[PDB]
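Figure: reserpine in its bound pose on Synaptic vesicular amine transporter.
Per the PDB entry, chain A residues shown: 19-53, 126-477, in order. Just follow the structure's listing: the first ligand is 1, and inside any ligand the first atom is 1.
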Amino acid sequence: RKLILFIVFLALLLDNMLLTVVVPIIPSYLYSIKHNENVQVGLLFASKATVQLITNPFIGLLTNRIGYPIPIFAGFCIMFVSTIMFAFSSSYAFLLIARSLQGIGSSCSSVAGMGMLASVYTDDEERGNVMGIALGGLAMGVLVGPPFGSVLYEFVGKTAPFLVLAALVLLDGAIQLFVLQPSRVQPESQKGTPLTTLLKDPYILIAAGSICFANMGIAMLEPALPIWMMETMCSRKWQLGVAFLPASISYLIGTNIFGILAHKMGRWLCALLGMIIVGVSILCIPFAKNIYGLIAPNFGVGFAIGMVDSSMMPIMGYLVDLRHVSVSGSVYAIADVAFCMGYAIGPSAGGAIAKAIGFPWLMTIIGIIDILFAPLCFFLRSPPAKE
Ligand SMILES: COC(=O)[C@H]1[C@H]2C[C@@H]3c4[nH]c5cc(OC)ccc5c4CCN3C[C@H]2C[C@@H](OC(=O)c2cc(OC)c(OC)c(OC)c2)[C@@H]1OC
């Protein structure tokens, strides 16, 4: 069980690291190779999220039939294929294919690893701690990703970060042989309430929408910032990923503080404050004209997003416990749908908005939306039960 937890933690870490390594590399690479680009990069970045969203229903149907280890190993293989294609491709179509494949492997590994964790551990006190440790590998991967890719892209070329990540994925796949023996076919049983029934509830809609908008505020920022940083003639040496580093660190700091402070303060008020701070900070991003000017707004963005998430995940758990037949994975299913929809709508519309009216107005619109959604958290002050 320790090895399974480590395997799932490392799988999520490598998935998010591969998702975030391309942020400083590909936009600058496609920007340089040219010398409508915004829309192309937006579609390239949103393809992974939309493919993962589409694939999610068809992975549960596979785990319900052949168990967890086979889709886990298939996810690892797809991750290695995507990593190699990222490493060696130099064309837009191949990069799009590599991004799309990452969605299939990410869905496979996330759904099957989380199910395996939620089913192996029988004691709910142990299961909660285990799933907290494993799900924390996503934010650690997001933190590690950008600076590593930026430094290796500046100093030892574009292929090196992806080759190193491919080696890590190979090591994880070799660990799978020692631990799981993916040839094992296992049964599975379905419990709880179907997701489509939960999404019909307006309160779960409020919480999921808050999370979706809070994370879309940076889903749009991921492909657009490395192109807007060309206004400062910014180099890649300790700059293109270190620009995103403060948000990654502040997310961890804010989650650590407010996962404790929210229960005392109130999760609805905590989420409302987080939404307001997110809006204000992404409004304050465009006015910076130096790399040192992005430290405060990115820190605010990460801190407030961590505040919103720490306030909203227990809120969703409490809501599904009150209103429907809850299971250990319902909160993760709702949050994953919210994240996928946010990261799919973000870049796709952000590219068009940036082309039409520019990046500062894109950030202004997103900040206004994130501020205006905050008052809807008042409906979560005391939600009633249903017959
Ligand atoms: C698509 O998403 C991700 O890439 C992950 C991150 C999303 C977002 C983010 N992206 C960035 C990209 C950057 O590029 C340079 C820089 C900074 C950021 C930040 C800072 C803010 N934030 C950090 C990451 C959050 C992660 O999600 C969880 O940690 C999580 C935890 C849970 O429980 C503890 C869950 O279960 C309820 C759960 O359910 C889905 C998810 C999420 O994985 C699903």
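Close to reserpine (a heavy atom under 4.0 Å) are the following transmembrane segments of chain A, numbered as in UniProt from the N terminus: 1, 5, 7, 8, 10, 11. Residues of chain A that UniProt gives as binding serotonin and that have a heavy atom less than 4.0 Å from reserpine: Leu228, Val232, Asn305, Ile308, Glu312, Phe334, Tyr341, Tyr433.
Residues of other chains with a heavy atom under 4.0 Å from reserpine: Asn34, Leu37, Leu225, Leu228, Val232, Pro236, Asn305, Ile308, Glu312, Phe334, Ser338, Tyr341, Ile395, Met403, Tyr422, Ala425, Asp426, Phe429, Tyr433.
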